[PDB]
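Caption: PDB structure containing dasatinib.
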Amino acid sequence: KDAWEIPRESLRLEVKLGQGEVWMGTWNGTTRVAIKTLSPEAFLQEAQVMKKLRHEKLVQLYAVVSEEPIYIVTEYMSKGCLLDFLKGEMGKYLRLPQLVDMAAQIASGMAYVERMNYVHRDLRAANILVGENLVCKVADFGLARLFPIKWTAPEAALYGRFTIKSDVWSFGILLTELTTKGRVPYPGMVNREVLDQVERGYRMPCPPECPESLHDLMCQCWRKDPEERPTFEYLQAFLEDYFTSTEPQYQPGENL
Ligand SMILES: Cc1nc(Nc2ncc(C(=O)Nc3c(C)cccc3Cl)s2)cc(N2CCN(CCO)CC2)n1
């Protein structure tokens, strides 16, 4: 055992958040935590990745209970996943400046993943968590190592070529989720149709009210050639600086 191990006694599970299986609770009596119950060695591989990763915009591993029944413990993100946040009562007041900020924060987390030579493989709004003051943090490292086809770059879906560049593809798809309040990508298209179309050069259009400059950023993330796509470093700086350098005369609309 390493120094991330704790006694199971120290964990008070309370409110069930999700199943499939995450709980809200307390650790050592004072600490609000999230706890993920459950091959049990493939379940521990997630915590393995999470021990190596530490960044303000990645959900923080606190502790493991490496003996069955097993638990992974992290910081608690008060507002649940981005997907549900976007589609629920909060979503309707989110405008472009809040949404590009959330995206900058996600980009920043992924820039860290990029610097560390990791790949996420499951980057999407269902795998981002929201806290207080609209903090967004990259979650779910089950497929991370040193797939829903609608978010997955073609080379990775077909041939198994997952790289930081296919995460960049996924990020472009996540930007459509932000700007549509979390609608499923490629409306009215099934998986197979998405495959066929994307291969014939099809890309989703500019969502209503989304500046063309942001849609152009999506299209760059969606370059057929993985090496043509921008880095997260570029994405983070572009999105941080957006309302000064790229759309200085942005005007608020009904939806964005
Ligand atoms: C599904 C969900 N998670 C929430 N917070 C979480 N923080 C961290 C989470 C997590 O899974 N950590 C983790 C673990 C433990 C292991 C490996 C990897 C990881 Cl990343 S889950 C809050 C939440 N709420 C329900 C809806 N409510 C509606 C608001 O009105 C808000 C509150 N629901």
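Numbers in chain A track the PDB entry; the residues on display, in order, are 257-276, 280-297, 303-410, 424-533. According to its header, this structure was worked out by X-ray crystallography, 2.2 Å. Numbering of ligands and ligand atoms starts at 1, following listing order. Side-chain atoms are counted along with the backbone in the values below, which use heavy atoms only and exclude waters and symmetry mates.
Going by contact count, the macromolecule most engaged with dasatinib (ligand 1) is what UniProt calls Proto-oncogene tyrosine-protein kinase Src. Every atom of dasatinib (ligand 1) with a heavy atom of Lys295 under 4.0 Å away is listed here by number and element: 14 (C), 15 (C), 16 (C), 17 (C). Shortest heavy-atom distance from dasatinib (ligand 1) to a UniProt active-site residue of chain A, with the residue named, rounded to 1 Å: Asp386, 11 Å. Of the listed options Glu310, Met341, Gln324, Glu310 places a heavy atom closest to atom 18 (C) of dasatinib (ligand 1).
Heavy-atom proximity to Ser342, at under 4.0 Å, picks out these atoms of dasatinib (ligand 1): 31 (C), 32 (C). Using a 4.0 Å cutoff on heavy atoms, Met314 counts as a contact of dasatinib (ligand 1). At least one protein heavy atom sits closer than 4.0 Å to atom 15 (C) of dasatinib (ligand 1). At the top of the distance list for atom 28 (C) of dasatinib (ligand 1), counting protein heavy atoms only, stands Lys343 O, 4.8 Å. Residues of chain A contacting dasatinib (ligand 1) are mostly from the UniProt domain Protein kinase. Contact annotation for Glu339 and dasatinib (ligand 1): only backbone heavy atoms (N, CA, C, O) come within less than 4.0 Å of the ligand. Per the PDB record, the organism listed against chain A is Gallus gallus.
In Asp348, neither the side chain nor the backbone holds a heavy atom less than 4.0 Å from any atom of dasatinib (ligand 1).
Within a 4.0 Å radius of atom 21 (S) of dasatinib (ligand 1), the protein contributes one or more non-hydrogen atoms. At least one protein heavy atom sits closer than 4.0 Å to atom 6 (C) of dasatinib (ligand 1).
For atom 19 (C) of dasatinib (ligand 1), the nearest protein heavy atom (residue, atom name, distance) is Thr338 CG2, 4.0 Å. Counting heavy atoms under 4.0 Å from dasatinib (ligand 1), residue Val281 touches it through the side chain alone. Within 4.0 Å of dasatinib (ligand 1) on heavy-atom distance sit the residues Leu273, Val281, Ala293, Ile294, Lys295, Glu310, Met314, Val323, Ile336, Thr338, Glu339, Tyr340, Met341, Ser342, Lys343, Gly344, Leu393, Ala403, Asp404.
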Inventory of protein N or O atoms under 3.5 Å from dasatinib (ligand 1) N or O:
| residue | atom | partner | partner atom | Å |
| --- | --- | --- | --- | --- |
| dasatinib (ligand 1) | 5 (N) | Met341 | O | 2.7 |
| dasatinib (ligand 1) | 7 (N) | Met341 | N | 3.1 |
| dasatinib (ligand 1) | 12 (N) | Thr338 | OG1 | 3.0 |

